[PDB]
Asks: 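As an example, take this structure containing dactinomycin.
In what follows, chains are A, B, ... by sequence order, proteins preceding strands, each numbered from 1. Modified residues: written as parent or X. Their additional atoms: not counted in contacts. Just the heavy atoms: all of them, side chains too, but no hydrogens, waters or symmetry mates, feed the values below.
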Amino acid sequence: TXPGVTXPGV
DNA sequence: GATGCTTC
DNA sequence: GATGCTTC
């Protein structure tokens, strides 16, 4: 997730 | 070191 | 099955 904690996603 | 899901 | 790395 994020970044942080990508997206999701990417 | 945690860490985290979403679309692709 | 592949992604996507940061801020915390």
Asks: Quick one: which ligands or chains go with dactinomycin?
Replies: chain A
Asks: Mind listing the other chains that have a heavy atom within less than 4.5 Å of dactinomycin?
Replies: B, C
